[PDB]
Each structure stands twice: as structure tokens, then as C-alpha cells.
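Structure of interest - contains avibactam (bound form).
In chain A, numbers come from the PDB entry; the residues present are 29-387, in order. Every number for a ligand or one of its atoms is a count from 1 in the order of the listing. Looks like X-ray crystallography, 1.1 Å, at least that's what the header says.
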Amino acid sequence: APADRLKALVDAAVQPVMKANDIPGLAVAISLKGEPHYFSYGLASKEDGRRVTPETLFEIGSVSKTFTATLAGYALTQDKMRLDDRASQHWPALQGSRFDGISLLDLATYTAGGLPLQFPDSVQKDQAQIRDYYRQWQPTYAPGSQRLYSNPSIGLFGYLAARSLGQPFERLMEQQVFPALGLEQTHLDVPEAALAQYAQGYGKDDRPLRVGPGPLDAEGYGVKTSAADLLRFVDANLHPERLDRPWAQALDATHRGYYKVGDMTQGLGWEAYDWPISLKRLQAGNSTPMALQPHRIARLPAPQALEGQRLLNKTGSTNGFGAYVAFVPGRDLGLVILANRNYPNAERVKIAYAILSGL
Ligand SMILES: *C(=O)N1C[C@H](NOS(=O)(=O)O)CC[C@H]1C(N)=O
């Protein structure tokens, strides 16, 4: 039986990785041939016995950047900004700073010249502190040359895209983006009425960990969502034509590659690979040196469509959570894996590869 085989395949991929990484709870959602399939494992909260379901809310961390990218794709379809705009076009406080010579594309794709992984601990979630950080920042190397994965970089991209639309980022997400995408279980600021769905996150010694405030957190890493809503988002990415045209175009803008580093082609939010490709290679593209070290880019002569025989993915983590999303445009296949422990990206990719190989 097909439901027995699919359950066996997903269980075989998930169960050992959960044990091995001591993951309390994990939700899988798969889109296959136009149909959704959900597999829920373990506990959302150990202390109260609450089980994971497809409606449990997880922190997705940097997977949030794919939503940020979608907002920016909406601003672009509306002609409120262009990728080649200088960042300081969209924020007068930045005029006269080094952001006069940095494009929005450079910010979105981590090539502004060495913006760091995180804001320094000296910058708190405070508009003035953020402003002053960017005013004073100077590149380590020429913009457009080297990829250094960076929350302040894409954070500023999303902040400027929201400025270009004339409204705060978080308001635009709640009022316009999430409703356009059909997402009612997707939040930047979880409502009190939805808190009972919010899983606990677990760290060292099972310390409980839910993400706290930080500068440009919404734009970099602040979405909480369920496996079912995140799979709805993947299905919108698999079929943008099913949305009203401005939002189809906003999604398409996230399916354009600008350069390569190793096996990976960098889009807005999404990172792409040829498919098939080995597990080792997909793990290496999602490895610690990719998150932490600069890499010289191989720029494409024109943007490349991230479609067909490709896998598009994004990892994300918070202190307490570990998420992974992947889909294969040319096969109508999508997958979401959400967990309440931050466990290594290689292990997330191991689960996903086993599932996608078996589908
Ligand atoms: C993304 O979740 N954040 C940014 C950065 N990206 O790397 S990732 O998804 O390989 O995990 C480091 C992890 C994470 C964060 N802000 O800690």
C-alpha cells in the first residue's frame, strides 16, 4: 500500500536522526503530485506532554529570508525599487555613507563587502542603534565580490524594501504578504490566542529557548509557522501562476540566480543546486564554512531561472529550533522539516535527501 510505503520511507529517514540528535519534536510536510502529506513526531513541549502536529508553530529562523525575499519581489513588481538601486536611495539616514555605493542586490545576496553574520552585540533592537551601525560601517572588500552570509545584510534589504513600499516591514508581512499567500498560521509576533501551538525550543541541558528580540529580527529570522502553512508556502513557490499576478511575480523574483559558489546558485532567499546531486555535495553547500567564511562569487552573465532539474532550499535555526525547506520545481515536489532543537544542517539535509530520493 502507498500510504504504508510513504510512512515507512519518512519514518526511516526521520526516526534515527531524531534519536541521534535528541530532537524532542519534529514535523514533516510533503507535497507530492499536488497532494499534501504530513508526518508528526514527538513533543512540542516535554514538560506538558504536548504533541507535535501539522499545526504546531516552530521557529524557522533564517528560512524567514524567503518570506523577506517575497516582500522584496512584491516591491520590485510594483516598481517601488530596483535591485540595482543604491541602498541609500531608500533611507536618507544612509546618504553619504558607504551605502551610497552598495546595491540592493548586494545586500540581498550577501555581497555588500563583509557585513558580518550577526549584528554585533553592541547593537540592540533599536532604530537609532541600527541606523548608526549602518552609517558607520565600511566594507572590508569591494561590493559585489565576495559572499559572506549575513543577517544585517539581508536584514537591511528587507528593511529598505519595506521603506520603498512606505510601511513598516512587519506590518506589510502581516497585512499584505501572509494573507496574499493564504497563510493564517504564520507569524512574526505570535498572537496570545495562538500561543498554545508554539512549541518549546530546547538547547543544552534542555534549557528552554524561544527567540528573543534583536535588531532586524523580523527580516532575518523571525517567522514562526506550522508545517502545514510552510508547505502552503512551498506550494505557492511550486505554482506561482495560481496566485493573483502581482504575487505570482513576487514569487518568481525569488527564483532567479545571480552567482554561484561551489555547487550553489544564490537567489533572493533561496539557494539552488542541480538535481540530482550527491548528498555530500548538498551537505557541503549547507555547511558551516558556507555560513561563516567569505567566498569569492562566480557571477552569472545574466540572472538564471531557478527551475527545472534543480533543488531550491533554505536552512534556518534559532537557539532552540532547526528548520529546512527544499523543493524541486521540475518534479512538483516539496518538503518541510521543522524541529524544536537546533541540530546540524547536515542532519536536516540527510533526512530530506532520503525522502526526496524515495519519492
Ligand atoms: C539563520 O537561521 N541564521 C543565520 C545564519 N544562516 O545560517 S543557516 O540557516 O546555515 O543556519 C546562521 C544561523 C542562523 C542564526 N541567525 O543563528
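- All instances of avibactam (bound form) together account for ligand 1.
- The macromolecule with the greatest number of heavy-atom pairs within 4.5 Å of avibactam (bound form) is, in the PDB entry, named Beta-lactamase.
- Counting heavy atoms within 4.0 Å, the binding site of avibactam (bound form) comprises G89, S90, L145, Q146, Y177, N179, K342, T343, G344, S345, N373.
- The contact set between avibactam (bound form) and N179, taken as ligand atoms under 4.0 Å from a residue heavy atom, comprises 4 (C), 16 (N).
- Ligand-side atoms of avibactam (bound form) in range of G344: 2 (O), 9 (O), range being under 4.0 angstrom from any heavy atom.
- Proximity to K342 (heavy-atom distance under 4.0 Å) selects the following atoms of avibactam (bound form): 9 (O).
- Atom numbering of avibactam (bound form) starts at 1 in the shown order; those under 4.0 Å from a heavy atom of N373 are 10 (O).
- Looking from atom 12 (C) of avibactam (bound form) to the surrounding protein, the closest heavy atom is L145 CD1, 4.0 Å.
- For the pair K93 and avibactam (bound form), the shortest N or O to N or O distance does not fall below 3.5 Å.
- The model ties avibactam (bound form) to the chain through a covalent bond at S90 OG.
- With respect to atom 5 (C) of avibactam (bound form), the closest heavy atom belonging to the protein is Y177 CE2, 3.3 Å.
- On a heavy-atom basis, rounded to 1 Å, the UniProt active-site residue of chain A that sits closest to avibactam (bound form) is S90, 1 Å.
- Annotation: atom 8 (S) of avibactam (bound form) to nearest protein heavy atom, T343 OG1, 3.3 Å.
- With hydrogens left out, the protein atom closest to atom 16 (N) of avibactam (bound form) is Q146 OE1, 2.9 Å, a heavy atom.
- As for UniProt beta-lactam-binding residues in chain A, a heavy atom under 4.0 Å from avibactam (bound form) is present in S90, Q146, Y177, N179.
- Annotation: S345 places an N or O atom under 3.5 Å from an N or O atom of avibactam (bound form); distance criterion only.
- Counting the atoms of avibactam (bound form) from 1 in the order shown, those under 4.0 Å from a heavy atom of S90 are 1 (C), 2 (O), 3 (N), 4 (C), 5 (C), 6 (N), 9 (O), 14 (C).
- Heavy-atom proximity to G89, at under 4.0 Å, picks out these atoms of avibactam (bound form): 2 (O).
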